[PDB]
A.B. asks: 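Looking at a model with narazaciclib; I have a few questions.
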Amino acid sequence: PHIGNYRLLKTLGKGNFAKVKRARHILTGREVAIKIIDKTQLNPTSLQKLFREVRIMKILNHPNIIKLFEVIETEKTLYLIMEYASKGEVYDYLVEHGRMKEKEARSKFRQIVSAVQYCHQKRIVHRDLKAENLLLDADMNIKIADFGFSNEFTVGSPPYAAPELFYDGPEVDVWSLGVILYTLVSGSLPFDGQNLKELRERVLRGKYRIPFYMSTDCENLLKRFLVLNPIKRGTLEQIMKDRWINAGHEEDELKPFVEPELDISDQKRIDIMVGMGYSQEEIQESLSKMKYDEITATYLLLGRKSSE
Amino acid sequence: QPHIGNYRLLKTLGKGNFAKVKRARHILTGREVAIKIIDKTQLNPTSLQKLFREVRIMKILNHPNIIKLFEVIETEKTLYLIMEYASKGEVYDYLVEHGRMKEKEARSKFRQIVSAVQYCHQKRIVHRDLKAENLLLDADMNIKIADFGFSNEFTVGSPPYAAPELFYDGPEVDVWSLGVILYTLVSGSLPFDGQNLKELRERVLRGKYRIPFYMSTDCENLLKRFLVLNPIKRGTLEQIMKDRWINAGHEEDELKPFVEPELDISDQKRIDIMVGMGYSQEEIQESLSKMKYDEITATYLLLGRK
Ligand SMILES: CN1CCN(c2ccc(Nc3ncc4cc(C#N)c(=O)n(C5CCCC5)c4n3)cc2)CC1
Ligand SMILES: CN1CCN(c2ccc(Nc3ncc4cc(C#N)c(=O)n(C5CCCC5)c4n3)cc2)CC1
């Protein structure tokens, strides 16, 4: 089975009003993830919120945020065609290999901090960063899923939730980032329990174990995220200057991401799409207007590696 | 007249929700001020924490057209916010007394308003409830906007000024209200009104308003940049600051984002006066350097005004 130019493959997750399937673009062979939302199960209020959030997704253009390629809408269904992170959860990588060495943890956490700060600068707060939406692509780059989407439009976390949720501003992501950092360096959650009430007591206590292998610089950095009072947490713009974050990046200090200009005049890719049956003029119109249609999707997918 | 801190309390200016605002006089300098009074025992631990977050925001508002905070007094039961007093009250009262502002005067005030709001937006502070009740005028007819950064329950939203999407907390909602504000300055009337809230909402959603004979096309063009139903298509304030009508008569003085003056905390003339009032030199230097918003920094600031 298919939708538009995509062959639908196995379901990756399901829940609430959404399903996400792996899929293969027929025109290019590139793999994608497709979120399928049955609109008949939504009231007019949820429908309006969904389309506002889709418009937010169209403005996320960061190399560590799952990228939207194409939107297909029928009378009954919304299809969101987006980047597929072929290695699944960071958690799966921690299970296989153990904790990351601090050099690898730093490389991935710089990507995560960049992605989240980039959204915060645009007034977009995740509010639900967790194991299930921290993903890795085929080249071990971080890809964060579901920025900007309300939980009912995700497939579906107490260990990561800020203690003030136990508030919807950027500080709640900063707490979750501290949990993430701790999981990267130790392979363990900083706060756990035999049930939710014990988990909550430990989160409110704010204390977590520092293993012998954790550097003092990593410990000090965690203290900037895992502060109970939300207003005393560091800002990401401040944390970007942290000594641990930039160890080994002497003249490459982490700074807010700046979007490169999108090259929409690659004639090699345009030549391929003309072969596919699109006209040069049609291609230029879709790309310059960024229509999120079958043409812009194809152009972007032709820029990725084949057969994956 | 009772005292709180170094202030003599005078007439009540307003009361609503969890707040009361009184006119007062600083005993030490004789300067008039406004004091917002909030009984903390009215609040839960959650709203009390939010109140303190919004006071921390108020501390960083330093714009000549934004009501300036002078002093914070917190007791076990009550929070007192001592701030600038706008002695001529609401812009509305001026419109009632003199009618619509002529174009030059409306432009002058609207530049102040746009400057104040853009200054807050750049600091990522959205008002969300700009309205007649918090657009004020000082003794020199300068705009003073009240209650930036405060939730409604801490003030003493408003259908005629509320963006149609509230019938969202980003700057776009202020931009819509600014359009309604500009219309009131130029016409003396609200653009959207009705015999009840239902009819009023209908006109906001339609987005149509009467263009009077005295409104220029440049002014009508500017209105179209605020009063857009689609929030994403509304002008941004950085863009609106370059509008032709906004800068007419200001060709070598284009409206730009406000930049705060460098703070002067070592005026020894004012410090000398405060030593005479009984504060020590060391105390004064510490209060000013740490910007404590205590009785000392407030006196320092009030000594710098008429
Ligand atoms: C032991 N593992 C094995 C499978 N494994 C997993 C495999 C691939 C991926 N990739 C991938 N790429 C893009 C995505 C976009 C989304 C959106 N919007 C989205 O929700 N998802 C997932 C996240 C929640 C479930 C659907 C996306 N997933 C994620 C996980 C996890 C368990
Ligand atoms: C027919 N009129 C008669 C006069 N009258 C009026 C007179 C003076 C002023 N000034 C002034 N200066 C600072 C203020 C700080 C505030 C804070 N925070 C605050 O709330 N207020 C007001 C605004 C809402 C009621 C309290 C402030 N008001 C306002 C109005 C209006 C009616």
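Chain naming is simple here: A for the first sequence line, B for the second, and so on down. Shown for chain A, in order and in the PDB entry numbering: 51-206, 215-224, 229-370. Chain B is numbered as in the PDB entry; shown residues: 50-205, 214-224, 229-367, in order. In listed order, ligands and their atoms are each counted from 1. All heavy atoms count here, side chains included; hydrogens, waters and symmetry mates do not. When the header is checked for method, it gives X-ray crystallography, 1.9 Å.
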A.B. asks: Heavy atoms under 4.0 Å from narazaciclib (ligand 2): which other chains do they belong to?
C.D. replies: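 The heavy-atom check gives B.
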A.B. asks: Please report whether narazaciclib (ligand 2) has a polar contact with B:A135, defined as an N or O pair separated by less than 3.5 Å (distance criterion only).
C.D. replies: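 By distance alone, the answer is yes.
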A.B. asks: Within a distance under 4.0 Å of any heavy atom of B:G138, pick out the atoms of narazaciclib (ligand 2) and give their elements.
C.D. replies: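 The atoms of narazaciclib (ligand 2) under 4.0 Å from a heavy atom of B:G138 are 6 (C), 7 (C), 8 (C), 9 (C), 29 (C), 30 (C).
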A.B. asks: Report the nearest UniProt active-site residue of chain B to narazaciclib (ligand 2), with heavy-atom distance to 1 Å.
C.D. replies: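 Nearest UniProt active-site residue in chain B (heavy-atom): B:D178, 10 Å.
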A.B. asks: Which narazaciclib (ligand 2) atoms are under 4.0 Å away from a heavy-atom of B:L185?
C.D. replies: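 Result: 11 (C), 12 (N), 13 (C), 14 (C), 27 (C), 28 (N).
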A.B. asks: Hey, is narazaciclib (ligand 2) close enough to B:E139 that some N/O pair sits below 3.5 Å?
C.D. replies: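 It does not: no N or O of B:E139 is found under 3.5 Å from an N or O of narazaciclib (ligand 2).
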A.B. asks: Which other ligands or ions, by number and name, fall under 4.0 Å from narazaciclib (ligand 2)?
C.D. replies: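 Under 4.0 Å: none.
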A.B. asks: Which UniProt domain of chain B dominates the contacts with narazaciclib (ligand 2)?
C.D. replies: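 Those residues lie mostly in UniProt domain Protein kinase.
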A.B. asks: Give, by chain and number, all residues and nucleotides of other chains with a heavy atom within 4.0 Å of narazaciclib (ligand 2).
C.D. replies: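 Heavy-atom contacts: B:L62, B:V70, B:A83, B:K85, B:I116, B:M132, B:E133, B:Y134, B:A135, B:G138, B:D142, B:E182, B:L185, B:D196, B:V205.
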